[PDB]
Number of protein chains: 2
Amino acid sequence: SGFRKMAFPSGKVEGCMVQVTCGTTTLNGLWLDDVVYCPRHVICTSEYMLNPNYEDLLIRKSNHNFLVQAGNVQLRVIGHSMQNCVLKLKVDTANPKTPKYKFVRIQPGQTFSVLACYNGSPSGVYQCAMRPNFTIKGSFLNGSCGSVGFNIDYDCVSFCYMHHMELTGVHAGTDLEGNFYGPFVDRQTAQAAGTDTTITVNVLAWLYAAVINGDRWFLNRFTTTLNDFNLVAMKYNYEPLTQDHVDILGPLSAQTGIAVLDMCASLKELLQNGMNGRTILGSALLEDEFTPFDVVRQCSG
Amino acid sequence: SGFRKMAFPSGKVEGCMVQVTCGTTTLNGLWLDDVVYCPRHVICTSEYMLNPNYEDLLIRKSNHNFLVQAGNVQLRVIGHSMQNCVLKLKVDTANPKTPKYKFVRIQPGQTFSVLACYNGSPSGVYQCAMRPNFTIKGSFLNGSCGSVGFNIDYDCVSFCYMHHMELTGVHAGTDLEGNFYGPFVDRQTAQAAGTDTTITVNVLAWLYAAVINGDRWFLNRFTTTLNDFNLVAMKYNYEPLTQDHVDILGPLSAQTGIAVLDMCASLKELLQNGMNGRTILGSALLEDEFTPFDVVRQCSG
Ligand SMILES: Cn1cnc(Cn2c(=O)nc(Nc3cc4cn(C)nc4cc3Cl)n(Cc3cc(F)c(F)cc3F)c2=O)n1
Ligand SMILES: Cn1cnc(Cn2c(=O)nc(Nc3cc4cn(C)nc4cc3Cl)n(Cc3cc(F)c(F)cc3F)c2=O)n1
Ligand code: NA
Ligand code: NA
């Protein structure tokens, strides 16, 4: 028992991280087979970090302006191309440590692990959720550009996020095909994140985790319906709950014998009265960064 | 002069459309070089159209269960793989009519042309916008699955949409890497589109088009600020306006000498009093499916 913010083991990703330098700009890249993926922003200098024309900038470059360091080993760039907001550097050596992988785009509410990197060197691992407003509340310093987010399914690494920038305390990036999450662009303009909301299905999954771990004080005998719940949820800036959400919680309802709409009634009460100085799984706030599948993986293993 | 819902010429796409059959399921595919892209749903029959396990279904198939017709010419499938929600069919002949192309993911508010197809045969072309809730208000009958949406930049076709399903009168699909727009899944569940909103920057671009074409009756001498405008816009279910939006409208402000915040004042009045039986560019509603770039392309050519 117990319940922690648990990340995936990062070994399979650590062996793919490399350093990329173009001029005085250095950042991280992801080396899979004979391609290095990195943010296209690496081809800017201070002169063009506010309104770059990346097609122009990339024309003016040759393969030898790109320095790719895999630890000490230098890799030879033999070709480059741009795909949306990433750069693909073709190199002469296929990474022998290339895991089985795929490139997937995640939806808001889903979670993944982040391997934060500096100078191509892995520094730490953490778990976070894609927020409804398409940012993540990460932890990143200067030099972290190109760090990646991933899940593991079986033996397969699904890459889903590449870090590009920080915007007013939160973080924005792309999928691995170079398409931004959210309405952001890889330049400096007046861009801010939109209003965020609480991920309801995740809050419910976490209340189930609490019950499994013996925290029962918030339960009550009442029930409710989706409509009455969503009416209250909207008032508190909670995502509305659908029938698919109810179905996804199935296995946790089953394991604890508490019906979803039963648990919604408890949630409704928590939202209206607060917790009043009690805690749930060691928190005094309703936590929304654990998916139904995270709970299952951690509570039934 | 004049102003119409104008689509891109579709010749370059028409030569890529093919028919794909697997069993009794037929639909459209997109043939570029030696790969056919189509919705993975084509590997279902009625038995598994409600909760399919696509990895299982695809295991049980061989290359010869796939019938690909390019008009009359039959193409030989020599390999298949799944990428997210599309199928990639490797075939023995590269399409000689393959234009220069790329795969891009568009953002809400952006527009594109749709080439509606049945049995691999192009049937019509129309222009539409990706809505803020990630659906499109298209026009599609049964058999249109696999139809694609695209823009043309110079000589390059940017594919951005592949049609998968209709959900309560509106349409949902993926980008060409197989990732859904919006929170939808390619099965039958209880999924509905979220609340839609009006795309404000597009409404403003269209008011500029009206001025260029001589409709001036809604203008007035007042100005306003972003904050007061967005306060009114929110009440009417209009996307908030940012400083980047203001900058994108630059060229149209320039050409007409009406400042953005000046035009916002007119918009504020239209929202509060209505149009009162007058029309703008032949419409009695505020139109939001024309981007600043659509207006420029059509009004300055
Ligand atoms: C505080 N923080 C949290 N996350 C981030 C991510 N991030 C970053 O690591 N670096 C950035 N700009 C660079 C400056 C450089 C100076 N040198 C010598 N080399 C540099 C390389 C980079 Cl990438 N930025 C800013 C940034 C990066 C982009 F990719 C982009 F499109 C716009 C941006 F404003 C940054 O956010 N910093
Ligand atoms: C009215 N309308 C508007 N757009 C659409 C798109 N669309 C479609 O064309 N076909 C679908 N299902 C199929 C039935 C078939 C019967 N035969 C013999 N062959 C068939 C092939 C198809 Cl693809 N659907 C439904 C649908 C398609 C999906 F890709 C999906 F993931 C879920 C779905 F419910 C459909 O929406 N119809
Ligand atoms: Na209850
Ligand atoms: Na005015």
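Proteins get letters first, then strands, A, B, ... in listed order; numbering begins at 1 in each. Side-chain atoms are counted along with the backbone in the values below, which use heavy atoms only and exclude waters and symmetry mates. Atoms within each ligand, like the ligands themselves, are counted from 1 in listed order.
The drug observed at ligand 2 carries the PDB name ensitrelvir. The chain that ensitrelvir (ligand 2) touches most here appears in the PDB entry under the name 3C-like proteinase nsp5. Counting only heavy atoms under 4.0 Å, the other chains near ensitrelvir (ligand 2) are B. Residues of other chains with a heavy atom under 4.0 Å from ensitrelvir (ligand 2): B/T24, B/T25, B/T26, B/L27, B/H41, B/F140, B/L141, B/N142, B/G143, B/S144, B/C145, B/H163, B/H164, B/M165, B/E166, B/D186, B/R187, B/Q188. Summary of contacts: the protein heavy atom closest to atom 18 (C) of ensitrelvir (ligand 2) is B/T24 O, 3.2 Å. If you check which protein heavy atom lies closest to atom 36 (O) of ensitrelvir (ligand 2), you get B/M165 CA, 3.1 Å. Here is the list of ensitrelvir (ligand 2) atoms found below 4.0 Å of a heavy atom in B/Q188: 34 (F). The distance from ensitrelvir (ligand 2) to the heavy atoms of B/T26 drops below 4.0 Å at these ligand atoms: 19 (N), 21 (C). Residue B/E166 places at least one N or O, backbone or side chain, under 3.5 Å from an N or O of ensitrelvir (ligand 2). Looking from atom 4 (N) of ensitrelvir (ligand 2) to the surrounding protein, the closest heavy atom is B/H163 NE2, 3.2 Å.
From the protein, the heavy atom lying nearest to atom 11 (C) of ensitrelvir (ligand 2) is B/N142 ND2, 4.6 Å. The contact set between ensitrelvir (ligand 2) and B/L27, taken as ligand atoms under 4.0 Å from a residue heavy atom, comprises 23 (Cl). The protein atom (non-hydrogen) at minimum distance from atom 12 (N) of ensitrelvir (ligand 2) is B/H41 CD2, 4.7 Å.
Per the entry, the organism of origin for chain B is Severe acute respiratory syndrome coronavirus 2.
In terms of protein heavy-atom proximity, atom 15 (C) of ensitrelvir (ligand 2) is nearest to B/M49 CE, 5.0 Å. The protein heavy-atom contact nearest to atom 21 (C) of ensitrelvir (ligand 2) is B/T25 CG2, 3.5 Å.
In summary, the atoms of ensitrelvir (ligand 2) found under 4.0 Å from a heavy atom of B/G143, numbered by their order in the structure, are 8 (C), 9 (O). Looking around ensitrelvir (ligand 2), I see no other ligands or ions under 4.0 Å away. Per-atom contact check: atom 27 (C) of ensitrelvir (ligand 2) touches the protein, criterion being a heavy-atom distance below 4.0 Å. Applying the 4.0 Å criterion to heavy atoms of B/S144 picks out, from ensitrelvir (ligand 2), the atoms 4 (N), 5 (C), 6 (C), 9 (O). Chain B: most residues in contact with ensitrelvir (ligand 2) are in UniProt domain Peptidase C30.
The protein non-hydrogen atom at the shortest distance from atom 7 (N) of ensitrelvir (ligand 2) is B/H164 O, 3.9 Å. For ensitrelvir (ligand 2), none of its N or O atoms has an N or O atom of B/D186 under 3.5 Å away.
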